[PDB]
Amino acid sequence: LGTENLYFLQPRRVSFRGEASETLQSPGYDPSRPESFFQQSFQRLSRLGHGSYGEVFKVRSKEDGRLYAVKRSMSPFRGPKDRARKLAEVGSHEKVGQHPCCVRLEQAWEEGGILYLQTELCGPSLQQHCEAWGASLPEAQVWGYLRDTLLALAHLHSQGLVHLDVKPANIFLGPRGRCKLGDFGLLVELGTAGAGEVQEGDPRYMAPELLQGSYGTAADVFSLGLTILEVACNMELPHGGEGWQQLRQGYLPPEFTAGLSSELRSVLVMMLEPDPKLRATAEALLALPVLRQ
Ligand SMILES: C=CCn1c(=O)c2cnc(Nc3ccc(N4CCN(C)CC4)cc3)nc2n1-c1cccc(C(C)(C)O)n1
């Protein structure tokens, strides 16, 4: 909080469910050496992605020799609110817990005002995959991605959690056609911190009701609806303007969606229902014969 007297450091494990072992240890790591825990405890193999948040690296852990993704924040915390905001991702990630369609958090720690998030290394995001594909993804695969991500959303929504930033860039491929939802930085728990507390996801995938500060689990279904549209049709979604409004008026452009099967188009229509009270739930979608087993 910005009105409290906590205004104005070596590694410390971040957890909202752990033990007195806030101290980290690892092969390769000596606290008395000047290098950070991240530098000492991991082989840095490549940079998976980057942005205003910082960077994500593919790493090999010196602890177990396994591969992971580590997201490192851009610079030291601006202050307590900045810190609480970034640390909330860890808490979010933990409330999800272990679900086969959600990216697992291995561990998290802060050092020198920098936050590090270590997660299981999955395959490329759907966005990266579509870019490498250079075209529409086959529907056979898309049905699989839709179902997995619906299972993740069903999980989140059961606990009154809303992701609020579902998009191709944070659904990651698994082996043999599976995929996992990740990037839980914007996730909110409904009815917790009621005075707050949303920031807004990517405008391309934003549910229309959010413009009016009205949010609920339904917003995630709409976001996924547009996610699947983009990857299934190889369609660039608008950030705004006439096209943005049209996609939130139940309109599906023929010049990109003519190649959809009737069954998939039918499912997208339910997900892109402008009125969140009529929009299908993830549980209801999963109950349809076309999305079971
Ligand atoms: C907390 C970190 C978020 N995050 C994960 O949790 C995570 C897990 N697995 C992966 N895997 C992954 C594997 C390969 C690739 N690429 C292959 C190499 N290309 C040049 C780029 C694409 C790419 C990824 N990637 C993962 N993450 C990741 C990696 C890059 C970018 C982003 C965001 C969502 C922040 O944009 N997230």
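The first residue of the sequence shown is numbered 1, and numbering continues consecutively from there. Computation of the quantities below employed the complete heavy-atom set of this structure, encompassing side-chain atoms and omitting hydrogens, waters and symmetry-equivalent molecules. Per deposition record, X-ray crystallography, 2.1 Å. Atoms within a ligand are numbered from 1 in the order they appear, just like the ligands themselves.
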- Which option, GDC-0941, MK-1775, GSK2126458, matches the molecule at ligand 1?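 The drug at ligand 1 is MK-1775.
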- Largest contact partner of MK-1775 (ligand 1) in terms of UniProt: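 Greatest contact count: Membrane-associated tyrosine- and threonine-specific cdc2-inhibitory kinase.
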- Query: Would one find an N or O of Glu89, backbone or side chain, under 3.5 Å from an N or O of MK-1775 (ligand 1)?
  - Reply: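 No, no N or O pair falls under 3.5 Å.
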- Can you list the atoms of MK-1775 (ligand 1) that are under 4.0 Å from a heavy atom of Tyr53?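 Numbered from 1, MK-1775 (ligand 1) contributes 35 (C).
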- Covalent bond partner of MK-1775 (ligand 1): which residue and atom, or none?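 There is no covalent bond to a chain.
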- Counting each atom of MK-1775 (ligand 1) from 1 as listed, which ones have a heavy atom of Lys71 under 4.0 Å away?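 Near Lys71, meaning under 4.0 Å from one of its heavy atoms, MK-1775 (ligand 1) has 1 (C), 2 (C).
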- Task: List the closest UniProt active-site residue of chain A to MK-1775 (ligand 1) along with its heavy-atom distance to the nearest 1 Å.
- Result: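 Using non-hydrogen atoms, the nearest UniProt active-site residue is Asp165, 7 Å.
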- May I ask you to identify, for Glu120, whether its side chain, its backbone, both or neither come under 4.0 Å of MK-1775 (ligand 1) on a heavy-atom basis?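 It is the backbone that touches MK-1775 (ligand 1); the side chain stays farther off.
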- Query: Which residues carry both labels: UniProt ATP-binding in chain A, and heavy atom within 4.0 Å of MK-1775 (ligand 1)?
  - Reply: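 I count these UniProt residues with a non-hydrogen atom in range: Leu48, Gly49, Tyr53, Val56, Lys71.
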- Region of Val103 engaging MK-1775 (ligand 1) - heavy atom pairs below 4.0 Å: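 Just the side chain.
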- Looking at atom 25 (N) of MK-1775 (ligand 1), what's its closest protein heavy atom, distance included?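 Among all protein heavy atoms, the one nearest atom 25 (N) of MK-1775 (ligand 1) is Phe172 CE2, 3.3 Å.
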- Is MK-1775 (ligand 1) close to any UniProt-listed Mg(2+)-binding residue of chain A, that is, with a heavy atom under 4.0 Å, and which ones?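 The UniProt-listed residues with a non-hydrogen atom that close: none.
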- Majority UniProt domain at MK-1775 (ligand 1) interface, chain A: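 By UniProt annotation, Protein kinase.
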- Item | Which segment of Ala169 sits under 4.0 Å of MK-1775 (ligand 1) when only heavy atoms are counted |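 For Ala169, the contact with MK-1775 (ligand 1) is made by the backbone alone.
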- Message: Working on a figure here: which residues of other chains come under 4.0 Å of MK-1775 (ligand 1) (heavy-atom distance)?
- Response: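 By heavy-atom distance, that gives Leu48, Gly49, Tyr53, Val56, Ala69, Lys71, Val103, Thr119, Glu120, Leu121, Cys122, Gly123, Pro124, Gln128, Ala169, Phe172.
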Measure and list all N/O to N/O distances between MK-1775 (ligand 1) and the protein that fall under 3.5 angstrom.
unit_1             : atom_1 : unit_2 : atom_2 : d
MK-1775 (ligand 1) : 6 (O)  : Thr119 : OG1    : 2.8
MK-1775 (ligand 1) : 9 (N)  : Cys122 : N      : 3.0
MK-1775 (ligand 1) : 11 (N) : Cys122 : O      : 2.8
MK-1775 (ligand 1) : 11 (N) : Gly123 : O      : 3.3

